[PDB]
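Caption: hyoscyamine together with Hyoscyamine 6 beta-hydroxylase, bound form.
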Amino acid sequence: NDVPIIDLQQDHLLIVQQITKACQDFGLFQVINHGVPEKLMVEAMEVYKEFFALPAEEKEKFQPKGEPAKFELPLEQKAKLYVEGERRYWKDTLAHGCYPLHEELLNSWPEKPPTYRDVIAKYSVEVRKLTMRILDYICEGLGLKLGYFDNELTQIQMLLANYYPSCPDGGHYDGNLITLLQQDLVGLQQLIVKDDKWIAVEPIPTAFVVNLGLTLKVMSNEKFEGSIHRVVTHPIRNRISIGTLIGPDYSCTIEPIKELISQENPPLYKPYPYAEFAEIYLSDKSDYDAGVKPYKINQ
Ligand SMILES: CN1[C@@H]2CC[C@H]1C[C@@H](OC(=O)[C@H](CO)c1ccccc1)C2
Ligand SMILES: O=C(O)CNC(=O)C(=O)O
Ligand code: NI
Ligand SMILES: [Sr+2]
């Protein structure tokens, strides 16, 4: 496995160097000793195991007008079941916003299992906290002031809990800024561009896989790579994974961070509305970066 595993209790400068190199080379890495309670990660996975085992009577409560929603605008934050492209569906996703944790938002979350709201609220807070630490390591690697992304660029925090039914014998960037993913079974693969080859991202049940989204690829002016990754169906196990997809509010304007831009390293994208990007990203799957192709410049 060539995917870096970065221990967040090493000396501070080694963390920054390792994260920086991973962001430049792959756009994907794993973190361990990351400060999120292991007992909470286990409880959250147990919550989704139970949720996906509930009977139809419960699951229908998350299916607007009798069927799962699609990832299409407007992308609401209330909890809903989603599907995304059929295969030989292939994936059920429970998704909802998590930030800020409002009463009206929490009130849309599952009531069963009865621990869902307490466990997943605590998990959201912890995963967010860790996500903001990692962005700050990225700030130091890019030479940006700490806290640069602690604003509307991280205003939206979508939890996407995925269930992949087994089959005996899908690639994308995430369009947002940064994603943390918890898994405990093989199935996640990263595209190694230089070989045009898919490789396994080893499942470490107490680690988080960190992958950079298209928005960060653009804002770093391609100093950092976004991760192109996919999931292959498990031949034996139903697989569950928990993604926390953090990024801009839909009222944001995305552009290469001006402080990174020079005469020698000009901007590679013009500014665009995130909401306009989001529409293309969700609709046009003709290429991985179709969402940002209309904004490319200096090529
Ligand atoms: C596998 N798919 C991919 C990634 C997750 C899942 C569902 C969809 O991605 C999203 O819905 C996220 C939600 O924040 C998104 C939506 C608009 C703009 C930026 C990011 C596409
Ligand atoms: O489920 C996995 O292991 C990977 N999930 C995704 O890439 C996603 O939901 O965007
Ligand atoms: Ni993804
Ligand atoms: Sr139904």
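We count residues from 1, following the sequence as given. As the structure lists them, so they are numbered: ligands from 1, and atoms in each ligand from 1. We use all heavy atoms of the structure for the numbers below, so side chains are in, but hydrogens, waters and symmetry mates are not.
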- Task: Specify every chain or ligand assigned to hyoscyamine.
- Result: ligand 1
- Message: I'd like the name of whichever of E84, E279, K285 reaches closest to atom 2 (N) of hyoscyamine through any heavy atom.
- Response: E84
- Closest protein heavy atom to atom 12 (C) of hyoscyamine, given as residue, atom name and distance to 0.1 Å: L245 CD2, 3.9 Å
- Protein contact of atom 19 (C) of hyoscyamine - nearest heavy atom, named by residue and atom, plus distance: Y274 OH, 3.2 Å
- Task: Give the residue, atom name and distance (to 0.1 Å) of the protein heavy atom nearest atom 9 (O) of hyoscyamine.
- Result: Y281 CE2, 4.0 Å
- Query: What part of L160, side chain from CB on, backbone N/CA/C/O, both or neither, has a heavy atom under 4.0 Å from hyoscyamine?
  - Reply: side chain
- Closest to atom 8 (C) of hyoscyamine (judged by heavy-atom distance), picking from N162, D174, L282: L282
- Message: Could you identify the single nearest non-hydrogen protein atom to atom 11 (O) of hyoscyamine and state the distance to 0.1 Å?
- Response: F71 CD2, 3.4 Å
- Query: How far is atom 20 (C) of hyoscyamine from its nearest protein heavy atom, and which residue and atom name does that atom have?
  - Reply: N176 N, 3.6 Å
- Task: Using a 4.0 Å heavy-atom threshold (strictly under), name the region of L75 that reaches hyoscyamine: side chain, backbone, both or neither.
- Result: side chain
- For atom 14 (O) of hyoscyamine, which protein heavy atom lies nearest, and how many Å away is it? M158 CG, 3.7 Å
- Message: Any chance you can find the covalent attachment site for hyoscyamine? Residue and atom would be great.
- Response: none
- Message: I'm curious, what organism does the PDB give for chain A?
- Response: Datura metel
- Message: Can you check which residues touch hyoscyamine if I set the heavy-atom cut-off to 4.0 Å?
- Response: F71, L75, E84, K91, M158, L160, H172, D174, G175, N176, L245, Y274, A278, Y281, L282
